[PDB]
**Student:** 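Following up with a structure containing nirmatrelvir (bound form).
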Number of protein chains: 2
Amino acid sequence: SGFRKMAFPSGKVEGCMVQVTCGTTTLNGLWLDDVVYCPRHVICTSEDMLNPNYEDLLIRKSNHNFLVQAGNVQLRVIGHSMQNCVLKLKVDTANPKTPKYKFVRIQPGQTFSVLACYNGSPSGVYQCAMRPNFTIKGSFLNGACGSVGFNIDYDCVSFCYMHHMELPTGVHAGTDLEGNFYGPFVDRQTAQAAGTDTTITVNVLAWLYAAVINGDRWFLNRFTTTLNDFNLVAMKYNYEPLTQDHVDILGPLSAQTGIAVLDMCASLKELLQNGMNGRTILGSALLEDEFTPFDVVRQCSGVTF
Amino acid sequence: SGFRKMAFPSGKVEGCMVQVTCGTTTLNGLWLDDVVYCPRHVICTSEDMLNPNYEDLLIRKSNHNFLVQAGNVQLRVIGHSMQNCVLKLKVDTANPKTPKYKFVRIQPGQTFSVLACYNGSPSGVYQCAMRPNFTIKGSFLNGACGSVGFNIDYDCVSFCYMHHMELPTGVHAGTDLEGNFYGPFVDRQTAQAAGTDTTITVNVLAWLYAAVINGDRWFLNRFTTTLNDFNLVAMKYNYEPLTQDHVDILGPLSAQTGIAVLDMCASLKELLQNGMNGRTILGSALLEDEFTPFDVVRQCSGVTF
Ligand SMILES: *C(=N)[C@H](C[C@@H]1CCNC1=O)NC(=O)[C@@H]1[C@@H]2[C@H](CN1C(=O)[C@@H](NC(=O)C(F)(F)F)C(C)(C)C)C2(C)C
Ligand SMILES: *C(=N)[C@H](C[C@@H]1CCNC1=O)NC(=O)[C@@H]1[C@@H]2[C@H](CN1C(=O)[C@@H](NC(=O)C(F)(F)F)C(C)(C)C)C2(C)C
């Protein structure tokens, strides 16, 4: 029993973290095979960040202007290339700790673990969801850029996020490992706003199934609803519309508990309209939306890596 | 910015997990140097767990009755010993991945990371507090026993917990690495209850300082209080009494924010007496008590390992 926000074990990713310095700017890099990936703004001075021309700035940089350190050991840089918002530094040594890996661009609503680093050294690990507005609710300070987000499927690490910036609301933005931002964000120090932050309905439903499996079931009411009637309610509370694809992904949890997805929708509708009346669900006084159906199954079944 | 429940990077601990089987019972073991530590109930059948005489049961076991596996490789068991509620298996190979480590018995209110394992393989990592009633609010299924709790201080791993059981309220109980239970618990399948679950006042205060540092400061009121007047309020809400030692540990956060601890106590008093009126603090609709002052400083300063 019990249900906690759980991150993947970080060991495979810890062995890939390096420190990248260009001039006076230092941040984290990810060393896989003979390439180090890092945010391209490592080449900026604080002034350049206000309105950078990355192509012009990078032209003043040679391989010897990038200092890459793994622990106390220096890596020799033998090439450099800019791919979208990431810089790729070719080094003369393949990382001996390179895990089996792939680069994935995740969909909004999916979750991943973040290994927060400073100066190439891991500080901690936490779980994040890619929100529908393509921001994450992270915890990052100066020097955190280059910290990565990932998922594990037994022995394969799927890297999906690299940290680049913080928006005025305190939420975070970054790119996939090809350097393409999630969302409309640009790597420039100018006012940018994320857009309306909607709730991931299929994740709230998965978390209510997690609650039932854990014996927390006071909220189960005597009503049912339809997809269109539920969505009329959900859109009023800034919830994402629920589709048959979402009902299908909830299939294993609905089958395990015997509770039809539309019956759970009707319980969610009552919780939205009436609130929780001072009660809690899985130790929370709010409806939690950062657990995917996969996270609930995995945790309630003990999937290992 | 941002404040999340953050676990330590788990790599150093992942390299210590092994699988221990005795008869038909399998659980996790911790391999450090040439010793594997695991819960002594690995020697029980399901029936034995109802009222076990561990001394008599262990006498029917020889070294060859313990199967220890690290990945696909078998470790040779050359000795065994029971120390309190843990079994210590001497193996013929020192773990080549043994980190710098120590065994610590933590105090109630302190936090640690849990690397949840099944069959000697890591499943995930989460942060826990040792509650004042000596239980933890974890997430564990059958086969999780032997999963450990730890903290890291740069390169040294301090192991503080080994998982043994779940209580009727859904909370968890276990021992330090010397096999002594935290709390009054015994490793027997009989009705046991944890006792009143009080709130860790110094941790709630540290989390309110984390909120202020993050710009969430709607709750700061115009009052102050005394330690005795605050404690009269706190004891009514099942909060632990606050002492000058706690005020001293809060010193760095009070100095950073300029907010005196007794002023923060008066804001906490109003939150207890009035509730949050539907508002949130750091994304929570409840007062969070599983962040120590050290966790807040470390996260707000970027301490690395
Ligand atoms: C990389 N190490 C930091 C991480 C930031 C620092 C504070 N918390 C974080 O997540 N990245 C930056 O400092 C990036 C970097 C320039 C400016 N910047 C920002 O995150 C700024 N944000 C914005 O300008 C905004 F609002 F548009 F998103 C900052 C004001 C410092 C938070 C570049 C090149 C984007
Ligand atoms: C070890 N792998 C499991 C972990 C348990 C299983 C469910 N969630 C967990 O944390 N440990 C046990 O099964 C231990 C073990 C016998 C019984 N047991 C329990 O946790 C039981 N609890 C109690 O009897 C109680 F309430 F007193 F704490 C159980 C009913 C299975 C939850 C021994 C030797 C204590």
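So that the names make sense, note that chain A is the first sequence line, chain B the second, and so on, each numbered from 1. Start at 1 and go down the list; that is how both ligands and their atoms are numbered.
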**Student:** In this entry, what is the main binding partner of nirmatrelvir (bound form, ligand 1), named as in UniProt?
**Tutor:** 3C-like proteinase nsp5
**Student:** I'd love to know which other chains sit under 4.0 Å from nirmatrelvir (bound form, ligand 1), counting non-hydrogen atoms.
**Tutor:** A
**Student:** If you draw a 4.0 Å sphere around every atom of nirmatrelvir (bound form, ligand 1), which residues of other chains have a heavy atom inside it?
**Tutor:** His41(A), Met49(A), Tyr54(A), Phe140(A), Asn142(A), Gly143(A), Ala144(A), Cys145(A), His163(A), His164(A), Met165(A), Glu166(A), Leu167(A), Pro168(A), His172(A), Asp187(A), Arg188(A), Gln189(A), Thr190(A), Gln192(A)
**Student:** Please give the species listed in the entry for chain A.
**Tutor:** Severe acute respiratory syndrome coronavirus 2
**Student:** Protein heavy-atom contact under 4.0 Å for atom 3 (C) of nirmatrelvir (bound form, ligand 1)?
**Tutor:** yes
**Student:** Name the closest protein heavy atom to atom 13 (O) of nirmatrelvir (bound form, ligand 1), giving the residue it belongs to and the distance to 0.1 Å.
**Tutor:** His164(A) O, 4.9 Å
**Student:** Quick test: of every protein heavy atom, which one is nearest to atom 16 (C) of nirmatrelvir (bound form, ligand 1), and how far off is it to 0.1 Å?
**Tutor:** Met49(A) SD, 3.8 Å
**Student:** Hmm, which UniProt domain of chain A ends up with most residues touching nirmatrelvir (bound form, ligand 1), do you think?
**Tutor:** Peptidase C30
**Student:** Which one of the active-site residues that UniProt assigns to chain A is nearest nirmatrelvir (bound form, ligand 1), with the shortest heavy-atom distance given to 1 Å?
**Tutor:** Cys145(A), 2 Å
**Student:** For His172(A), counting its heavy atoms only, list the atoms of nirmatrelvir (bound form, ligand 1) lying under 4.0 Å from any of them.
**Tutor:** 10 (O)
**Student:** Is there a polar contact between nirmatrelvir (bound form, ligand 1) and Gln192(A), counting only N or O atoms under 3.5 Å apart?
**Tutor:** no
**Student:** Give me the residue, atom name and distance of the protein heavy atom closest to atom 27 (F) of nirmatrelvir (bound form, ligand 1).
**Tutor:** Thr190(A) O, 2.7 Å
**Student:** Within a distance under 4.0 Å of any heavy atom of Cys145(A), pick out the atoms of nirmatrelvir (bound form, ligand 1) and give their elements.
**Tutor:** 1 (C), 2 (N), 3 (C), 4 (C), 11 (N)
**Student:** Is at least one protein non-hydrogen atom found at under 4.0 angstrom from atom 30 (C) of nirmatrelvir (bound form, ligand 1)?
**Tutor:** no
**Student:** What residue-atom pair is the covalent partner of nirmatrelvir (bound form, ligand 1) as deposited?
**Tutor:** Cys145(A) SG
**Student:** What do you reckon, does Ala191(A) have a nitrogen or oxygen under 3.5 Å from a nitrogen or oxygen of nirmatrelvir (bound form, ligand 1)?
**Tutor:** no
**Student:** Examine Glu166(A) against nirmatrelvir (bound form, ligand 1) and note whether any of their N/O atoms are separated by less than 3.5 Å.
**Tutor:** yes
